[PDB]
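Co-structure: decamethonium and acetylcholinesterase.
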Amino acid sequence: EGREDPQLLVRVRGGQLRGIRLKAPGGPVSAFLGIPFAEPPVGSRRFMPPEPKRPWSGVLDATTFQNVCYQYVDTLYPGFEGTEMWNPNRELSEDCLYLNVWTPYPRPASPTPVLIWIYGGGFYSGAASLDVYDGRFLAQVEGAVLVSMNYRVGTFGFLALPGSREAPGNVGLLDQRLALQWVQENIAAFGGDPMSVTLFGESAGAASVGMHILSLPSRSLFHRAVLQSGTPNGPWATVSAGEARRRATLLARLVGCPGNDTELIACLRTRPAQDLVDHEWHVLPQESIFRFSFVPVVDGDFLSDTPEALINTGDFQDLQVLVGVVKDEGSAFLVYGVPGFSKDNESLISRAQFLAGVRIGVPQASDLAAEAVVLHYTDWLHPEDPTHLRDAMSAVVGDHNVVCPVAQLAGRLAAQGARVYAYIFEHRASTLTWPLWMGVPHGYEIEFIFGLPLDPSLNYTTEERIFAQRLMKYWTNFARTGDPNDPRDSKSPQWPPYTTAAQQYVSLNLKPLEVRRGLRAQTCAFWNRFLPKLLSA
Amino acid sequence: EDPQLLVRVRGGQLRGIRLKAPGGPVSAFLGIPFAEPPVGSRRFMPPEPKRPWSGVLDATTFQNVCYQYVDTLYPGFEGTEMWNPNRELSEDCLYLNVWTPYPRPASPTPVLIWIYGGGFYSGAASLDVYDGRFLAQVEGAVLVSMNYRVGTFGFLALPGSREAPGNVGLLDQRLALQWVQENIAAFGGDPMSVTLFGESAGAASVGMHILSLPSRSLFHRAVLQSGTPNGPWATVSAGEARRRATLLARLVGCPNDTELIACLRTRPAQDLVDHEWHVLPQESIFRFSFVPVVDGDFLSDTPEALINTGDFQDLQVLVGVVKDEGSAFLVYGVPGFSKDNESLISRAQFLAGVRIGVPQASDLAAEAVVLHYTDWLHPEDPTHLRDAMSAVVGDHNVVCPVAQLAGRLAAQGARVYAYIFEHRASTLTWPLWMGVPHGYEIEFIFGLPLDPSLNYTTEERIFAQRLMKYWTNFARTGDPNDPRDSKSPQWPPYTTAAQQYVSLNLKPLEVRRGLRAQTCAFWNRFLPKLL
Ligand SMILES: C[N+](C)(C)CCCCCCCCCC[N+](C)(C)C
């Protein structure tokens with residue numbers, strides 16, 4: 001300990017940690033990377049709820065990110081930045097339950113609001129160690145204390161035989177909850193305020209934030225929530241108990257595992273990690289995009305009912321939420337399975353290809369429902385136009401899966417006492433390597449929120465760097481106060497709360513805040529109010 | 001004896017009357033018999049041609065109006081009285097009217113034939129709004145209008161029977177059409193240039209002559225104003241007509257087909273009219289009990305099947321709608337609606353209204369209509385709900401059937417011109433909220449604003465002149481554009497890709513694209529697949 005930097009030695013419940021002094025553009029920050037918050041969920045602990053980390057002795061080195069949770073690695077376009085930046089940047093292992101802390105350097109004098117980030121990746125991938133999730137900018141410029149955790153994905157995190165003890169389901173949400181409990185117990189050691197914790201997340205991260213909102217034990221572990229482009233309701237974020245059982249049973253069958261729950265899980269346990277990954281996609285009921293095999297399950301425990309039933313009957317009075325979407329939520333998903341679509345051409349499609357694409361984007365639709373979608377999205381002045389058909393296909397996937405479930409969520413939370421703020425994110429990064437026709441794709445607001453444009457060596461424009469500063473300001477103000485608006489700041493335009501009466505939300509882009517009314521309101525009535533009844537009768 | 005008012009037709013000699021038009025004299029020949037009176041045992045039967053007469057037949061007045069229900073919703077109000085019979089009611093009513101220039105056209109003149117509307121249960125060729133003198137005088141047109149049988153009298157069918165075969169009101173129209181072929185040259189008309197035009201049930205009539213072979217050699221061009229033979233109200237199936245005829249008979253104490261019609265023929269006219277409205281299967285508006293039947297004869301198949309398979313290559317058609325087709329219909333049955341208040345309604349009332357406006361809708365289809373017409377920023381605003389109700393009725397019954405017809409005729413070789421009429425008459429007595437109601441362009445097409453004693457504005461007099469010019473240019477050439485006027489924009493043909501149509505209002509022609517295209521996709525393409 002003699003010669004170490006005194007500002008980097010911290011004790012937590014399990015013992016002593018040494019962090020690292022990192023350079024941010026404006027000055028130094030403190031990082032504590034790869035803190036274990038759980039016993040390594042390996043061997044007989046696969047599929048199992050996580051157990052609190054046993055204390056170590058000596059000084060645990062927390063200067064590097066730890067292993068990423070075992071997952072499928074995207075290889076659709078090897079070498080391409082657009083996909084590689086989401087791929088694991090550390091070795092895969094089932095031994096992966098670690099979290100990461102960024103704080104100002106020196107650590108703040110007085111209790112500081114805490115941001116907890118939950119990554120996305122369809123519940124089958126992701127990592128808290130990705131460059132785009134780097135907490136140094138928020139820690140340095142805003143003084144934030146930032147935490148992000150690994151949680152198990154795919155089979156390891158969500159394979160379930162509901163009702164059993166050996167694979168209860170939702171263990172990936174349980175990992176996240178453990179990390180939240182860790183933050184309650186330990187964040188003060190870092191100068192964080194456990195009495196002011198904001199969750200934020202994008203995609204499946206956002207659906208996770210959503211599920212902590214809807215799960216009572218989690219509710220005492222945070223105060224405010226930010227859902228970016230993801231919701232707990234909707235067609236992909238959860239499965240019924242029955243459907244989870246079918247999928248788990250089929251996967252077991254496909255890897256050579258024969259009847260009752262104990263035998264079946266013991267055999268899966270047993271199989272090499274890569275084996276479960278190699279077969280994970282084979283268990284989906286239909287040809288489809290935006291569907292993932294192993295997701296949170298409606299177990300009657302972590303989720304005591306469907307998310308739809310819970311948002312409809314909950315009282316959300318003590319709650320402040322920020323929710324929003326990007327302009328082109330669906331575009332990037334199309335190249336993963338809709339024929340006619342590719343990142344290396346303009347992807348102009350015919351009416352045939354559009355109808356075939358709808359059956360893949362809306363796998364649960366009968367021929368009547370699919371016709372309804374195709375008719376709703378047709379441009380009747382130019383019904384054969386391949387540019388519009390291509391943008392229709394993107395909007396279908398984007399609206400059904402993200403925009404309309406978000407609009408629905410905002411509407412329910414507002415109606416039942418929550419303070420809600422809503423945005424559509426509309427700026428395409430000058431650095432984006434996906435094609436122009438993809439517009440502003442899923443995930444590309446992250447990036448600005450974490451303030452990467454502030455790095456002089458990333459080649460963003462000055463306007464983009466200013467924009468990043470604005471977004472960090474809204475996000476941390478929300479964390480700080482429950483309100484994204486700057487209280488001191490006279491000259492600026494105000495971001496109003498979303499309400500059922502006025503349906504007000506804001507545009508985030510290079511221009512000042514513009515207030516808009518109704519979030520794809522006509523189309524969301526189609527998806528949220530009409531389409532369900534069609535699929536019912 | 002004025003020689004310009006003496007004409008010899010095939011049935012004998014006729015004498016008309018010199019009328020005053022603001023510009024000058026016209027010749028009128030009113031009450032020319034074109035058929036034997038369909039009385040007694042000819043009730044419900046095809047018309048037979050009129051027997052020859054002797055001496056000189058006095059054709060100087062409108063004859064009886066065909067027996068029909070008379071609207072008593074608002075007694076003595078102009079808005080409804082102007083559509084009511086203005087002559088005596090009678091089963092003896094098969095008379096037609098002819099206006100020509102004075103003196104009579106020197107050279108063969110294109111002929112316009114007017115077929116009145118009135119839901120197939122009413123109307124007369126004798127209403128002031130159908131006055132042919134203006135078109136005759138200003139544009140030099142030969143105009144013909146005929147009475148045809150309506151209600152039980154024109155349309156009660158026992159399909160398959162000798163004695164009530166159905167569609168006899170259309171056969172009356174056809175007989176008047178053949179009569180024009182045989183006689184109009186005596187008036188200086190050109191039997192080689194005949195244009196049908198009609199509004200509402202009369203537009204549906206025109207459309208049926210387009211879809212019926214024997215009619216097709218009696219006219220060259222057609223105008224369909226605010227109605228079509230396709231759509232939910234213009235035809236019934238053979239089975240549905242038999243159901244209705246049998247029910248009417250039962251309601252009047254009658255009694256095999258022969259015995260049932262025999263007893264119906266013994267019933268006074270008014271006893272039949274009395275129970276006319278009790279036979280509809282559902283409480284509804286924009287539905288009429290006795291309309292053309294798909295008999296397998298006049299109509300060899302449903303209008304939809306016929307427009308989908310027809311070759312319409314030698315045909316020109318003008319079609320259009322007024323801006324607020326459904327509004328006038330709401331006060332005739334929808335709870336919450338009245339001409340004497342602003343008719344602000346609730347959401348509950350909108351759905352109750354949809355059940356009456358779209359009577360064939362299931363709960364789910366009714367929900368689809370309601371969801372589609374809702375304004376999602378103000379889902380409770382009473383003004384929008386009221387206007388939506390009007391749009392549901394207008395789109396479902398008129399606008400979207402018109403769009404379908406236009407699309408099909410153009411896809412299959414017809415030259416098609418389409419319009420939306422958007423001028424509300426300064427003289428109109430319906431309330432402002434009704435906008436521009438069903439029927440209210442006829443006024444202008446006939447050129448009534450050219451009458452100084454009616455005091456339309458000067459701008460309306462000019463407007464009326466433009467529309468008379470369009471309509472007769474079209475009758476003259478199958479194209480409403482003025483073949484010597486070198487002025488923009490030209491009214492372009494409606495085609496299935498560009499979907500160009502024009503708005504007729506006080507301002508010059510504006511070309512628009514897509515006739516409520518999104519909404520018509522809902523009615524024409526989704527909603528049927530739903531039921
Ligand atoms: C591998 N298969 C074909 C079986 C499934 C791939 C699932 C699609 C992944 C989403 C792509 C969006 C990219 C950007 N992010 C995820 C960051 C928003």
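Throughout, protein chains are lettered first and strands after them, A, B, ... in sequence-line order, and every chain is numbered starting at 1. Any value given below was found using the heavy atoms of this structure, including those in side chains, with hydrogens, waters and symmetry copies removed. In listed order, ligands and their atoms are each counted from 1.
In this structure, the ligands or chains belonging to decamethonium are ligand 1.
Using a 4.0 Å cut-off on heavy atoms, the other chains next to decamethonium (ligand 1) are A.
The organism that the entry gives for chain A is Mus musculus.
Of the residues UniProt marks as active site in chain A, nearest to decamethonium (ligand 1) with least heavy-atom distance to 1 Å is A:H442, 3 Å. At 4.0 Å, heavy atom to atom, the residues around decamethonium (ligand 1) are A:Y72, A:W86, A:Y124, A:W281, A:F333, A:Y336, A:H442.
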